[PDB]
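Residue numbers run from 1 in the order of the sequence given. In what follows, every heavy atom counts, from backbone to side chain, and hydrogens, waters and symmetry copies are set aside. Just so you know, ligand 1 is whichever comes first in the structure, and atom 1 is the first atom listed for that ligand. Determination method: X-ray crystallography, 2.0 Å.
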Amino acid sequence: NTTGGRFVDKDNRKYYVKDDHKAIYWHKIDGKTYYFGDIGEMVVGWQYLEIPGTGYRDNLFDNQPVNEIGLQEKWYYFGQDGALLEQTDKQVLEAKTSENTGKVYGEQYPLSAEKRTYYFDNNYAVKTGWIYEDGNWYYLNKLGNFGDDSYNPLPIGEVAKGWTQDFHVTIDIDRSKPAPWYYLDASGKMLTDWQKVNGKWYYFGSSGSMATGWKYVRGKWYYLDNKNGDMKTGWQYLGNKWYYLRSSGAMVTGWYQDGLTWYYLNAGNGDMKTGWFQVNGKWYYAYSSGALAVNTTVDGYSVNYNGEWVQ
Ligand SMILES: CN1[C@@H]2CC[C@H]1C[C@@H](OC(=O)[C@H](CO)c1ccccc1)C2
Ligand SMILES: CN1[C@@H]2CC[C@H]1C[C@@H](OC(=O)[C@H](CO)c1ccccc1)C2
Ligand SMILES: C[N+](C)(C)CCO
Ligand SMILES: C[N+](C)(C)CCO
Ligand SMILES: C[N+](C)(C)CCO
Ligand SMILES: C[N+](C)(C)CCO
Ligand SMILES: C[N+](C)(C)CCO
Ligand SMILES: C[N+](C)(C)CCO
């Protein structure tokens, strides 16, 4: 909706001038959208800019006041003639790197030899977050990189690979909300169910989120590290009780013999018994270590070869 002006080439830069003033920021001119930055230099290619449409960075000229405003920034792609690529689905484009972004018309810069598929939201900005394609989920980075006083927005919108946390984000991470972990394979596909990664097992279920703590899967109980998620095996002291997990990871219930030593894991909960207890009417005694007392005396009580209290 910006008319009455004209594009002007000067000092190896391109401007749009009307009534003798330079256009700045976002402008819709003759069916196309352009962006002129803070001083009027038309941009081209990959750009990380404040979102258009509010009016605070729109239809402005360098002779007008520029309001202070807090607008999130997103990635946008402009043609070599400066027109905004109004894609709302996806498109194959030169990968964005530390050398082909933030450039303006007139500048010299290489055209990425590598091209990637980029997804877009309904407002022409590069899409971030989860996307479902051809039977699989992929995660497009919501955040860029940091590093003690430093922020690189380049990763935003790129296909995530490997271990990835899904933070709730707008302009900054939202620490109040949960941030589950996921694992994307070499091609970015989200893994589900059991998966062996770096030598350890993890359970991602059907949603993809990495489970932590006790987890019931296909009839058996498993215990994933409460913080890191890796599946535990063997004897585990959890919540002040002992549990025995098979090498497969499944929790054991009932009688279990380790070498010559018998142990009794509670029928339902699975916690190890100590002291006197009875199974199917018969009484047995387990020491504090959980080991069953056999062929000996326990406080004036005889227990035979099977640990049974012999009357
Ligand atoms: C990005 N460069 C181009 C536009 C600004 C800078 C420097 C050049 O532009 C200028 O030098 C401007 C043109 O009006 C200028 C300012 C003051 C004195 C002379 C020229 C090319
Ligand atoms: C390490 N355990 C976990 C993964 C394999 C074993 C047993 C359980 O997994 C399975 O039982 C199934 C059997 O098909 C399985 C899933 C994924 C890979 C291999 C086996 C939990
Ligand atoms: C998109 N999901 C299946 C991947 C993850 C939960 O939001
Ligand atoms: C699974 N991790 C990302 C969560 C933790 C350490 O490897
Ligand atoms: C999950 N349980 C049955 C295994 C243990 C108590 O938390
Ligand atoms: C069975 N008792 C007589 C042995 C022991 C207390 O429960
Ligand atoms: C782990 N314990 C309690 C089970 C057995 C003695 O080492
Ligand atoms: C299960 N036991 C302790 C009970 C008996 C030997 O098989």
**Message:** Just wondering, what drug is modeled at ligand 1?
**Reply:** atropine
**Item:** Greatest-contact chain for atropine (ligand 1), named in the PDB entry
**Value:** choline-binding protein F
**Prompt:** Starting from atom 2 (N) of atropine (ligand 1), which protein heavy atom do you reach first, and at what distance in Å?
**Reply:** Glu41 OE2, 4.3 Å
**Request:** Give the numbers and elements of all atropine (ligand 1) atoms closer than 4.0 Å to a heavy atom of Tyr15.
**Result:** 4 (C)
**Asked** Distance below 4.0 Å between atom 21 (C) of atropine (ligand 1) and any protein heavy atom?
**Response** yes
**Message:** Students should be able to answer this: which protein heavy-atom is nearest to atom 12 (C) of atropine (ligand 1), and at what distance?
**Reply:** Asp11 OD2, 4.0 Å
**Message:** Any protein heavy atom at under 4.0 Å, with atom 6 (C) of atropine (ligand 1) as the reference point?
**Reply:** no
**Request:** Would you mind listing which atoms of atropine (ligand 1) come within a distance below 4.0 Å of any non-hydrogen atom of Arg13?
**Result:** 1 (C), 3 (C)
**Request:** Indicate the covalent partner of atropine (ligand 1) (residue plus atom), or none if absent.
**Result:** none
**Request:** Verify the contact flag for atom 15 (C) of atropine (ligand 1), where contact means a protein heavy atom under 4.0 Å away.
**Result:** no
